[PDB]
Trainee: 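The structure that follows is given in the form of structure tokens.
Residues: numbered from 1 along the sequence shown. If you check the header, you will see the structure was determined by solution NMR. Whatever order the structure lists ligands and atoms in, that order sets their numbers, starting from 1. Hydrogens, waters and symmetry mates play no part in the numbers below; they use all other heavy atoms, side chains included.
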Amino acid sequence: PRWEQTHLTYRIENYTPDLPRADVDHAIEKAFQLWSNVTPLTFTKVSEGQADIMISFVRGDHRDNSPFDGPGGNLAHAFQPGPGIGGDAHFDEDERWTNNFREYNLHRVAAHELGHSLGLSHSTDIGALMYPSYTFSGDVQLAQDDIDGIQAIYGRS
Ligand SMILES: COc1ccc(S(=O)(=O)N(Cc2cccnc2)[C@@H](C(=O)NO)C(C)C)cc1
Ligand SMILES: [Ca+2]
Ligand SMILES: [Zn+2]
Ligand SMILES: [Zn+2]
């Protein structure tokens, strides 16, 4: 399935103590801009009511069929675009998140999780952010394969 609406809303359930909210909001807001900058889609944060995309951080087992197994395993995951828990996105909080080319990068994982909510499947292109495993690349930018793909679904800005 896909979102038939041209506008989407998202909301953060809570911010992790690892980093403040101003820094995390920037990372999450920046990712939406990268997708909106190449697509007529629009995003808006809501402080009340249900949001199309819910973002929250979890640890160890959190009432899910895919509990995290220590720092190894998946670093994050999300549910297919659907009602109820569908569209929700969980982030592994057992690892330390940073705001720069440090060990891990939150904005980068945020950009990938959003791609899954947009209905984008994984790709085999090295320059594609939708890399199957977690790999360190260079700058965070959308690849032509991702731009052509999302644009093909909706259209060009
Ligand atoms: C920067 O983009 C990334 C975001 C998350 C990850 S992830 O390690 O959590 N992971 C990839 C994975 C791990 C182990 C075995 N098979 C697959 C999920 C994935 O591909 N998420 O996008 C998947 C298993 C739920 C990796 C890269
Ligand atoms: Ca992990
Ligand atoms: Zn989870
Ligand atoms: Zn993925």
Trainee: Which polymer chain has more close contacts with ligand 1 than any other, using its name in UniProt?
Mentor: 22 kDa interstitial collagenase
Trainee: Hey, what drug is sitting at ligand 1?
Mentor: CGS-27023A
Trainee: For chain A, which UniProt Zn(2+)-binding residues keep a heavy atom less than 4.0 Å from CGS-27023A?
Mentor: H77, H112, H116, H122
Trainee: I'd love to know which of the UniProt Ca(2+)-binding residues in chain A sit under 4.0 Å from CGS-27023A, measured heavy atom to heavy atom.
Mentor: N74
Trainee: Identify every other ligand or ion with an atom closer than 4.0 Å to CGS-27023A.
Mentor: ligand 4 (zinc ion)
Trainee: What residue, among UniProt active-site positions in chain A, has the smallest non-hydrogen distance to CGS-27023A, and what is that distance rounded to 1 Å?
Mentor: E113, 5 Å
Trainee: Report all residues and nucleotides of other chains within 4.0 Å of CGS-27023A (non-hydrogen atoms).
Mentor: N74, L75, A76, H77, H112, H116, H122, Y131, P132, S133, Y134
